[PDB]
K.L.:
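The structure follows.
Letters go in sequence order (proteins before strands), and every chain restarts at 1. Only heavy atoms go into these numbers, but all of them, side chains included; no hydrogens, no water, no symmetry mates. Structure determined by electron microscopy, 2.8 Å. One-based numbering, in listed order, for ligands and for the atoms of each.
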Amino acid sequence: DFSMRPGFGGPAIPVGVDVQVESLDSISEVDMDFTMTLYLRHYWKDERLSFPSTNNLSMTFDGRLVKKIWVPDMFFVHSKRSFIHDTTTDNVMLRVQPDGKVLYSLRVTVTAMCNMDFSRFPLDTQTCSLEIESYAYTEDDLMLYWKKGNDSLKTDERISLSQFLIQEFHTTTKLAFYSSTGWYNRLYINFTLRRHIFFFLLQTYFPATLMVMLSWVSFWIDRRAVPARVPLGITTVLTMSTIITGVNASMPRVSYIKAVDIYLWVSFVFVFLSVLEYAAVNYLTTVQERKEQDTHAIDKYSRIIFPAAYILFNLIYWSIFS
Amino acid sequence: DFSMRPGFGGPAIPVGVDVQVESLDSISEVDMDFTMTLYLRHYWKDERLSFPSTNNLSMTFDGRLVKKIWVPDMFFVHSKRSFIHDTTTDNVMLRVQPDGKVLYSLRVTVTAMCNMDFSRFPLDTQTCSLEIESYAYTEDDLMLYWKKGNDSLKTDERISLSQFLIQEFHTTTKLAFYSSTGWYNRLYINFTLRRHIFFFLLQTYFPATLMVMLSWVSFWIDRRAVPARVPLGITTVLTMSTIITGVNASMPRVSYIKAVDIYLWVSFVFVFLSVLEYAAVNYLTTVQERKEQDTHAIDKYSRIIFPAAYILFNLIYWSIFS
Amino acid sequence: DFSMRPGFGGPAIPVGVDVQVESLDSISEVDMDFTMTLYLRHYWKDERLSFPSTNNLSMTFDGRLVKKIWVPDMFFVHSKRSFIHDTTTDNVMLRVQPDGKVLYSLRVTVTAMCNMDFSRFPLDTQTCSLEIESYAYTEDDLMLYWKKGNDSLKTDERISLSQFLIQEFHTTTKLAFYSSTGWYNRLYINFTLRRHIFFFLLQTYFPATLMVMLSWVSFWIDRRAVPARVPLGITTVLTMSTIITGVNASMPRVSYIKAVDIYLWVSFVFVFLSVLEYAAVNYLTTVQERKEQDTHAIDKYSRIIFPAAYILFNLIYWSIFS
Amino acid sequence: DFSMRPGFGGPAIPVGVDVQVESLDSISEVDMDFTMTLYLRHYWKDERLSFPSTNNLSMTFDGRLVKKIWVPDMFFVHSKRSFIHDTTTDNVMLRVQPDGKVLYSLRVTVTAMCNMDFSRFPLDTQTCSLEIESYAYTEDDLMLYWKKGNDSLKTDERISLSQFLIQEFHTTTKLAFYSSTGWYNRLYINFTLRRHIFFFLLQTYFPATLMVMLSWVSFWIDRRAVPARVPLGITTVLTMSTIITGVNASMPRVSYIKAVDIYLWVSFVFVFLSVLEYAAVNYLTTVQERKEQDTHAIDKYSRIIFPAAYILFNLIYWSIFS
Amino acid sequence: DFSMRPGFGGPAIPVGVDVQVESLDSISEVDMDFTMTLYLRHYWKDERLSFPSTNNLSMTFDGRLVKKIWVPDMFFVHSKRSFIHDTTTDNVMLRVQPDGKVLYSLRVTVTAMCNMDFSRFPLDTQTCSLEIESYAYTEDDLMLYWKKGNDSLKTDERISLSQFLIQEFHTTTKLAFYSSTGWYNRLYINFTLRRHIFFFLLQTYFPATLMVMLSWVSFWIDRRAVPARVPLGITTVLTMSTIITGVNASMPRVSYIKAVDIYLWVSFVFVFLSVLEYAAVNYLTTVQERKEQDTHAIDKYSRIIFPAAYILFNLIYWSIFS
Ligand SMILES: C[C@]12CC[C@@H]3c4ccc(O)cc4CC[C@H]3[C@@H]1CC[C@@H]2O
Ligand SMILES: C[C@]12CC[C@@H]3c4ccc(O)cc4CC[C@H]3[C@@H]1CC[C@@H]2O
Ligand SMILES: C[C@]12CC[C@@H]3c4ccc(O)cc4CC[C@H]3[C@@H]1CC[C@@H]2O
Ligand SMILES: C[C@]12CC[C@@H]3c4ccc(O)cc4CC[C@H]3[C@@H]1CC[C@@H]2O
Ligand SMILES: C[C@]12CC[C@@H]3c4ccc(O)cc4CC[C@H]3[C@@H]1CC[C@@H]2O
Ligand SMILES: *[C@@H]1O[C@H](CO)[C@@H](O)[C@H](O)[C@H]1NC(C)=O
Ligand SMILES: *[C@@H]1O[C@H](CO)[C@@H](O)[C@H](O)[C@H]1NC(C)=O
Ligand SMILES: *[C@@H]1O[C@H](CO)[C@@H](O)[C@H](O)[C@H]1NC(C)=O
Ligand SMILES: *[C@@H]1O[C@H](CO)[C@@H](O)[C@H](O)[C@H]1NC(C)=O
Ligand SMILES: *[C@@H]1O[C@H](CO)[C@@H](O)[C@H](O)[C@H]1NC(C)=O
Ligand SMILES: CCCCCCCC
Ligand SMILES: CCCCCCCC
Ligand SMILES: CCCCCCCC
Ligand SMILES: CCCCCCCC
Ligand SMILES: CCCCCCCC
Ligand SMILES: CCCCCCCC
Ligand SMILES: CCCCCCCC
Ligand SMILES: CCCCCCCC
Ligand SMILES: CCCCCCCC
Ligand SMILES: CCCCCCCC
Ligand SMILES: CCCCCCCC
Ligand SMILES: CCCCCCCC
Ligand SMILES: CCCCCCCC
Ligand SMILES: CCCCCCCC
Ligand SMILES: CCCCCCCC
Ligand SMILES: CCCCCCCC
Ligand SMILES: CCCCCCCC
Ligand SMILES: CCCCCCCC
Ligand SMILES: CCCCCCCC
Ligand SMILES: CCCCCCCC
Ligand SMILES: CCCCCC
Ligand SMILES: CCCCCC
Ligand SMILES: CCCCCC
Ligand SMILES: CCCCCC
Ligand SMILES: CCCCCC
Ligand SMILES: [Cl-]
């Protein structure tokens, strides 16, 4: 009866796992998941499968036999969707030795969940993993382990992403508990992800800084030139609003406050202050003309105070986000 | 004949349900639905399945047997789409005791409907549920209940969404009626959803307020400076229109009026009034020059009246939406 | 032989239909279709299915039997895609009476075609329908009718759409002809759709009107102030172009002219005329200065003529679209 | 053995085709394909299917028999994807006469490839076709023809697209060759497509023309008014750039130069020239003041030259694209 | 036993491959893959299939037999997804000779991975390939080769893409190694891709250049005209920011720095310098007036220095990217 495991009713069957990674295929920051494609290999012994031959060598069989015999039942924990490839036929392999020792192999694609934190964006670093477990049988019936310890993961040479840098592949194990069903063995594959920071600098931090620097030119123009100092400020506000809106229309739509938001809105406030300043100056000059009938003090103080405050802001900000 | 239920033609079979939630996977505000992934477990007794063994312990069987025996037929009410996972094999488990007591378990993903009301956006709160029912058999043939009352729902530790905060998981029951078919028992899982309000404040309410404050600077500039007071107002109109359009291009495209729309358009009207004001002043000054051949009264009244009206608006608005 | 209908070779079999609507799920204006989810029920008599029991009561059977017996073959006319739900098992029910009277029931989702006309957008009203027909058998073999006349449609209480208002559900029948195959009976479900008009007013008609009103302020400023009257007009053109582009980027991309387009472009022409007007005035004043070496007539006529023409435009436009 | 065709090893079997079109469903300009839904009908004679009855009339059978008998094997040449509808059961019909004459019918949806050329956009016209061929058997085994010549295509009354106008349905035939396999018979359905040109005119050509006309107003303003003639030109450049960007953000993303691109960029150059012109005038006036210590010649020539060149441009352009 | 290959336990079976390409269907630059549709053909000899006939000619069989006999098991290396077409029936062909020589043919669509480098965008050139391999059997059991050397690839006449130009189709072979399973033979199809460069020039490089040229007009306007020289520069900054944002909103979202980015941001810096320049001039003139109570030197130097630097920039840039 191949509807029962080897040693059914006695001790547990040892089963050993080996993996080779083909590609990482895509990543979603909104949905917090990744997609991966791999080969997965299993090893065990089943004397019911032993056959009388002198060759001492394995024999390859088609995947038709897999529906007749007994076979493990691993599954991918915290997956959203997966499948086995089937063109031009099922991507399945079975090899059996005269002893009854079996090798069993599959090609599969999996989408898996990875919780991410974007509060340090674009200076964040993320770490994800893929988890493998037996569905039906508990550690009292099936023993699951990496077939060669640390050497049981292989990774392909041409793996890459158009938006990320990948590093630090390693494996580990853990024992897990369900309240209604029991204890199981679980295997893990781990890796790390990072970004290209200079791209984001050039695209986001650089224009805003130039705009704040442009708002400081106003302190050096003659206060008598009202039709020249009034349009400059409000046009500068317009430009900065355009820039911020542009950045908002292309972000990955996660709805909480991130490191880059703070920089942008602080720059906005600096430009806004620059526009209240000249109103101060104009009003005071005008009342002086009225009262009676050279650079203003607030101009020559602003020329020092504004840049120094911006420099202090930058020091603190990059002390916090490093 | 496993084409008939236990006790077929006599009283009803009691069946008990247990659930554990793996993840919430996505949410659509336009389509008004959510996606969830879970384990679902069933319990019943069927003496046709009893077997002679002394062990007093359950035996695990593969999912091949499920197509041979009789099994419940639960389904998800108000679902749009669902499926059972099948890699590397069907995610199905069957455990049977010498008595004929059965345990039956599945892993599934479901998309379900949840009517939402966005009229208090972004200050809304939504509540959704998942509903479970038997398709074919009525309460005269099958009795459906939670296996352990309030303790029959478990929820995973690492559940989260990139756009929402989740709280308040609990279960309940109700009896339901179809006019052409009869009465059935129904089980429910309920939960609540909320947003991050400070994000939306900073992104939407803050720029508009700054713009209205910028429009009030005009009352303090000398009415004699026409080429300075005329471009300021119309450029301010341009900036506010840009801001409103930016917000309109990223909203979730539900076509009725919401709490935030009102704020934005009232700010627009304030900026517009500021531009009619100086036209009043300019015209009256000009006719006075003509008639004959110091701050104007309408300027020094506007400096008080405009901010006070905006303050009244804010008081009422936040008394209504709280 | 259940490969032949009841009364095969004699008169036609009467089959009666009953329907209950669960939800409308989505709508596409670009593709001109909608998606709906429903229960569908069939009734007929087949003496081959009669069984000797005294109970005078129906017996419920699983969906395994449906592949053995004979069953109708209805299909959805003018559908793009459909399917039957299958979790946790096929959503199929079979009930049979000792007489051989049968009841047969399904749960399904359908996407169906509905030709729409958007030329009165956003003041349009649309009407769609779902059509049911037998595929293989003609009115000489199968007779199809609503089981209870007008009472054979039920609709759920919690149906709604985030973009539309639904009204006027009713059913009817018609006889249809194919040239190569024959005559068939067809059943219909009809309903109507409408929009929220105030949303569209506030978002589209209101800003444009305010802009046209802003362009009329120019007639009251002193013609001597050239650097004040020249930038006002061209900035107003810029603002109106921004607004029109914003509306164009969010419409449902159907490529013919609609009711709202006309309003927007007529407003554009009014703003454009306002800018040619002052050029007239400036040139004539300048040649008068040259010739020789108070409000201009064209100013004080424009102050009357422009608003009156806009009022006439609005009267005609809302007489046409009502 | 229904694993062999009628007359297997002798001459070829004649098979006749009939088609009725239900809808065209969608079109992709980026991917260069369309989607269509139709009924497809086949006719042939097979004496193995003959049965002893006096009725002289056809008998309708369910689609279960189709997997037992022999049946043609047509397929859709240059398709990307297709399928047969299956709700509430397979959309298949089989009718057989006592003679062994058979009729066989299917309902299907197909996506097919159509190479398009957009270089005359939006003044282009496209022509597409659907191709039908036998997969396995060559013209030495199977003869394929339209069952009634030109009368073998029917088209539904309510066919339409939200973006296109459809005309000119007709059928034809051709003989085709594969180098490794042989000669086959092929059938074709052809049709033509066109656009709504006034929509595109109003949305694209009209604003740009108005902007060029606005740039010519500058030649009539007094050269002494520098703060009035300088901002006008650069604001006009800004407006035209906004318009061009708006059009670029909604086009179907095919990356080569089209008829409308040329118009837009030529208008851009005209506006740019207008801004160099006044610089000429200002500089020359200023050096004259310096040298010494009425309308300028370049103004009164520009007033003639610019519009005439634009008129020449339009004549040539519409002589080329008609 | 057709569960074993020809010559099972002896030497390896030679199998020969032939291919014809129907279309390339789509390309993703973000995901770095392409989609292709083809016919694939196999040749081998199996004496178990030999039959006694004098004809010396092949016999065509339906695809029902393929599930009974033994057949190769090729698969597509570095594919993301694939499938075999099945309407109106499986696109499969089997031809067998009295000898036992077999021909076997399929129609399929494949999506395959191709690593791309965009750092020279839009002046890049990409090269991709499709790889074919046997899944289960190693070079000790199956020998895989092109059936006619270089002549075993055919390509269709009407292949094209709306965004790319295709050239240089050829085939090759390589021997490959897996650490846990052995050595295999692999076949390759290679091709090259290129863009339309003039489109990208006109859309991106041309406007920016015109804007830089517009910023140089300021050096020729009279330094006394402050309300004319101040708004020109800041409006020019606004226009250039709009242009850059427009380009950023339509690029294929790969997050590293490319050839075109550099040009755009260098143009931005040139426009920014032009605005600091006049501030220099204004301040120095003003202090001279104060000190005491003709073209400035910095103006007449800028008129030479700015264009020469831009010309040097262009020379170096196009020496690097050619
Ligand atoms: C930097 C921008 C915002 C962030 C965008 C982003 C954000 C996240 C990510 O994974 C990729 C990209 C690519 C395009 C980027 C944008 C291009 C212009 C925009 O300002
Ligand atoms: C706040 C904005 C409008 C509302 C948008 C929204 C709205 C609903 C939602 O669930 C998420 C988001 C994320 C992006 C938000 C946008 C970013 C900028 C824009 O103004
Ligand atoms: C009203 C707008 C154009 C029409 C848009 C539309 C159009 C049709 C529709 O069914 C829904 C919506 C929602 C978003 C709307 C847009 C929001 C801003 C824009 O101006
Ligand atoms: C005309 C526009 C560009 C071309 C766009 C297009 C282009 C091709 C097409 O098949 C449909 C449409 C609809 C929306 C159109 C746009 C609306 C505004 C924009 O300017
Ligand atoms: C050239 C633009 C940026 C690059 C865009 C692109 C980029 C890559 C690509 O494969 C196609 C296209 C088509 C549309 C292009 C855009 C149209 C306007 C925009 O400036
Ligand atoms: C393999 O089989 C041969 C007999 O053919 C035997 O001599 C040898 O010892 C075997 N080796 C192993 C490792 O079992
Ligand atoms: C379990 O079975 C044993 C016999 O093996 C018996 O002694 C014991 O009472 C049983 N326990 C229960 C709870 O049925
Ligand atoms: C139902 O069956 C009972 C016998 O059990 C009979 O007396 C009664 O008349 C039947 N009713 C109908 C409506 O057939
Ligand atoms: C049809 O069959 C009848 C016999 O029932 C015969 O008289 C008649 O000629 C037949 N007609 C044709 C067209 O075969
Ligand atoms: C083909 O078969 C004929 C016998 O029918 C034989 O005479 C001829 O030589 C054969 N040709 C080949 C190439 O095998
Ligand atoms: C490679 C350009 C980096 C620019 C950094 C600017 C930080 C304000
Ligand atoms: C979490 C602190 C946010 C501060 C935002 C300040 C914007 C001016
Ligand atoms: C809105 C600016 C007002 C400035 C007033 C300054 C009074 C000292
Ligand atoms: C932020 C600058 C303040 C300057 C104050 C000057 C008071 C004389
Ligand atoms: C964290 C910033 C909150 C800003 C609130 C502004 C409300 C007008
Ligand atoms: C439902 C009341 C809407 C009021 C909108 C007012 C816009 C100025
Ligand atoms: C459009 C503004 C007109 C202002 C007229 C004021 C007359 C008292
Ligand atoms: C909204 C301000 C009105 C001011 C009126 C002043 C009349 C003298
Ligand atoms: C609820 C606001 C309606 C605004 C209508 C404006 C029509 C021009
Ligand atoms: C079908 C008439 C369209 C008229 C458009 C007028 C635009 C100014
Ligand atoms: C482009 C405006 C020209 C105005 C000329 C008016 C001549 C009476
Ligand atoms: C549209 C206003 C025309 C005014 C003409 C005035 C002629 C003296
Ligand atoms: C229906 C409006 C057509 C406008 C054509 C404009 C051509 C420059
Ligand atoms: C193929 C000729 C393109 C010409 C473009 C001219 C743009 C000013
Ligand atoms: C950039 C404009 C320069 C104009 C110089 C004209 C010399 C005749
Ligand atoms: C394009 C207009 C050129 C005008 C030249 C005038 C030379 C006196
Ligand atoms: C076909 C127009 C090419 C324009 C090239 C511009 C390069 C700066
Ligand atoms: C990799 C060098 C980037 C240089 C960017 C310079 C932007 C001004
Ligand atoms: C921000 C511009 C300052 C210019 C100062 C020049 C001093 C020689
Ligand atoms: C980049 C132009 C610098 C000009 C310096 C002139 C010093 C007299
Ligand atoms: C925002 C600056 C105000 C200065 C008041 C003296
Ligand atoms: C909108 C303000 C008008 C004031 C008239 C005195
Ligand atoms: C567009 C208004 C022109 C007036 C000419 C007198
Ligand atoms: C672009 C116009 C230049 C005219 C020089 C006289
Ligand atoms: C950016 C130009 C500065 C010139 C200082 C003399
Ligand atoms: Cl925009």
K.L.:
Can you remind me what the drug at ligand 1 is called?
P.N.:
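It is the drug estradiol.
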K.L.:
Give, per UniProt, the macromolecule that holds estradiol (ligand 1) with the most contacts.
P.N.:
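By most contacts, it's Gamma-aminobutyric acid receptor subunit rho-1.
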K.L.:
Hey, which other chains get a heavy atom under 4.0 Å from estradiol (ligand 1)?
P.N.:
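Going by non-hydrogen atoms, A, E.
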K.L.:
Which residues in other chains are near estradiol (ligand 1), meaning a non-hydrogen atom under 4.0 Å away?
P.N.:
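Residues with a heavy atom in range: A:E29, A:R195, A:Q203, A:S250, E:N248, E:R253, E:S255.
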K.L.:
What protein heavy atom sits nearest atom 10 (O) of estradiol (ligand 1), and how far away is it?
P.N.:
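Sorting protein heavy atoms by distance from atom 10 (O) of estradiol (ligand 1) puts A:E29 OE1, 3.0 Å first.
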K.L.:
In the protein, what heavy atom is nearest to atom 15 (C) of estradiol (ligand 1), and what distance, to one decimal place, separates them?
P.N.:
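Atom 15 (C) of estradiol (ligand 1) sits closest to the protein heavy atom A:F199 CE2, 4.4 Å.
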K.L.:
Please indicate whether any nitrogen or oxygen in A:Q163 is less than 3.5 Å from any nitrogen or oxygen in estradiol (ligand 1).
P.N.:
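No, there is no polar N/O contact under 3.5 Å.
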K.L.:
Can you tell me which residue and heavy atom of the protein come closest to atom 13 (C) of estradiol (ligand 1), and the distance to 0.1 Å?
P.N.:
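Atom 13 (C) of estradiol (ligand 1) sits closest to the protein heavy atom E:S255 OG, 3.5 Å.
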K.L.:
Among all protein heavy atoms in this structure, tell me which lies nearest to atom 3 (C) of estradiol (ligand 1), with the distance rounded to 0.1 Å.
P.N.:
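For atom 3 (C) of estradiol (ligand 1), the nearest protein heavy atom is A:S250 OG, 3.2 Å.
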K.L.:
Going by UniProt, which numbered transmembrane segments of chain A, first one at the N terminus, have a heavy atom less than 4.0 Å away from estradiol (ligand 1)?
P.N.:
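Using UniProt order and a non-hydrogen cut-off, you get 1, 2.
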K.L.:
What source species is given for chain A in the PDB entry?
P.N.:
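By the entry, that would be Homo sapiens.
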K.L.:
So which heavy atom in the protein is nearest atom 1 (C) of estradiol (ligand 1), and how far is it from that ligand atom?
P.N.:
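Looking at atom 1 (C) of estradiol (ligand 1), the protein heavy atom closest to it is A:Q203 CB, 3.7 Å.
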K.L.:
What protein heavy atom sits nearest atom 7 (C) of estradiol (ligand 1), and how far away is it?
P.N.:
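The protein heavy atom lying closest is E:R253 NH2, 4.0 Å.
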